[PDB]
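Palmitoleoyl-protein carboxylesterase NOTUM bound by riluzole.
Residues: numbered from 1 along the sequence shown. Note that ligands are numbered from 1 as they come in the structure, with each ligand's atoms numbered from 1 the same way.
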Amino acid sequence: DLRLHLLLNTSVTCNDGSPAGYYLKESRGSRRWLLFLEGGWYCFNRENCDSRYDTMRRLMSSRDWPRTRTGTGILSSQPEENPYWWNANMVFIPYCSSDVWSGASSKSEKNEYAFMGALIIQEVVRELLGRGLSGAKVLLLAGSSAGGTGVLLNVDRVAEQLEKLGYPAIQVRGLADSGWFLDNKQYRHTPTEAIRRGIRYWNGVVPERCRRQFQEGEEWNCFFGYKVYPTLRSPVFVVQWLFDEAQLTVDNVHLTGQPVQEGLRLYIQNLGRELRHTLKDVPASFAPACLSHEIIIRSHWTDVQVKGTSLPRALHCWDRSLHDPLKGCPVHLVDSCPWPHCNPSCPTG
Ligand SMILES: Nc1nc2ccc(OC(F)(F)F)cc2s1
Ligand SMILES: *[C@@H]1O[C@H](CO)[C@@H](O)[C@H](O)[C@H]1NC(C)=O
């Protein structure tokens with residue numbers, strides 16, 4: 001179990017002004033620290049955020065958070081469930097800012113909600129330094145879905161923060177799961193505009209080099225992995241289902257069970273091909289040909305394999321690669337088969 005700590009800096013808040021926080025399970029014998037960013041979509045205007053506050057309030061407020069959370073998947077402390085980092089210090093950072101971890105705006109006379117995701121990450125890091133993070137060798141910033149995009153948006157800022165605080169020995173790395181989206185055409189008209197609106201509403205911030213490339217008004221581009229990733233300095237391992245359910249949802253694709261006809265077949269095959277293409281120059285990546293969403297905190301995350309290598313193994317090979325290609329220890333694992341579940345190890349249900 002990971003135990004809740006609300007932030008001592010109570011100016012760093014969830015959407016409704018309640019304190020943000022983190023769940024922590026320390027491992028005194030380890031210099032590895034895993035900080036996991038929870039996902040859960042986002043909201044981009046008053047009306048949409050008001051609706052989220054009615055029925056997704058734990059994603060907007062700490063008032064009802066439990067005192068503990070069980071660590072699962074990569075956050076598990078059991079080697080059987082987590083062959084990769086079972087002995088690490090484990091941190092789960094609840095997503096309560098609804099801003100894809102990009103916001104830096106407080107609740108105020110003019111703002112019904114606070115959007116402080118980027119500040120939450122930095123405040124968590126600062127408060128952890130006194131609880132052992134100061135002695136870390138590796139800080140792995142991981143996250144799923146909106147948290148995976150949050151990794152891409154924040155990993156270099158965490159690195160810069162620790163450098164400026166005087167901890168140059170801590171190696172900051174990223175693990176972005178299910179946060180690598182395509183700004184593609186929908187299958188039918190009903191994602192780019194939502195982020196453009198959100199950035200303004202949240203006072204959202206993006207990594208500096210990416211911001212300098214795209215410039216004012218175009219920072220929404222930095223929420224798309226294939227555009228922001230090449231600008232990043234920190235090592236980032238990208239985990240992405242080729243047929244991610246959230247991608248298909250934003251693309252207005254709903255697979256019932258009737259025979260898929262040619263237009264949709266071509267659409268789905270093209271989506272997988274495009275995703276594969278965007279990963280070709282990502283040296284640390286795990287991209288199975290499955291219709292699914294998220295993996296790293298699922299208890300059965302050990303089961304999927306690409307080219308016979310599981311994700312925990314690929315992450316271990318990545319660790320080895322960052323010591324100083326490895327025989328039988330691959331780090332770039334992208335399926336080439338073109339249809340969901342052409343990989344036999346894909347999740348079932
Ligand atoms: N460029 C984009 N980044 C994100 C991050 C999270 C998100 O919510 C979802 F549930 F789809 F993951 C959508 C998008 S679009
Ligand atoms: C608390 O957080 C705010 C917002 O990030 C920051 O401006 C302020 O310096 C912090 N105060 C302390 C004591 O850490």
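Within the model, the positions assigned to riluzole, copies included, correspond to ligand 1. Riluzole (ligand 1) lies less than 4.0 angstrom from a heavy atom belonging to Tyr42. The nearest heavy-atom contact from the protein to atom 5 (C) of riluzole (ligand 1) is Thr149 OG1, 3.2 Å. Within riluzole (ligand 1), counting atoms from 1 as listed, the ones closer than 4.0 Å to a heavy atom of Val100 are 5 (C). The contact set between riluzole (ligand 1) and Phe224, taken as ligand atoms under 4.0 Å from a residue heavy atom, comprises 1 (N). The atoms of riluzole (ligand 1) that sit less than 4.0 Å from any heavy atom of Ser145 are 9 (C), 10 (F), 12 (F). Protein heavy atom at the shortest distance from atom 2 (C) of riluzole (ligand 1) is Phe223 O, 3.7 Å. In this structure, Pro191 falls outside the shell of residues with a heavy atom less than 4.0 angstrom from riluzole (ligand 1). Using UniProt's active-site annotation for chain A, the residue nearest to riluzole (ligand 1) and its heavy-atom distance to 1 Å are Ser145, 3 Å.
The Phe181 neighbourhood of riluzole (ligand 1) comprises atoms 3 (N), 4 (C), 5 (C), 6 (C), 9 (C), 11 (F), 12 (F), 14 (C), with distances under 4.0 Å to a heavy atom of that residue.
With a cut-off of 4.0 Å, there are no other ligands or ions near riluzole (ligand 1).
Distances below 4.0 Å separate heavy atoms of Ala246 from the following atoms of riluzole (ligand 1): 11 (F). For atom 10 (F) of riluzole (ligand 1), the nearest protein heavy atom (residue, atom name, distance) is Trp41 CD2, 2.9 Å.
Atom 6 (C) of riluzole (ligand 1) has its nearest heavy-atom neighbour, among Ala146, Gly150, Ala194, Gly40, in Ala146.
Binding site of riluzole (ligand 1) at 4.0 Å, heavy atoms: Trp41, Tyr42, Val100, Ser145, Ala146, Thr149, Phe181, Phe223, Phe224, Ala246.
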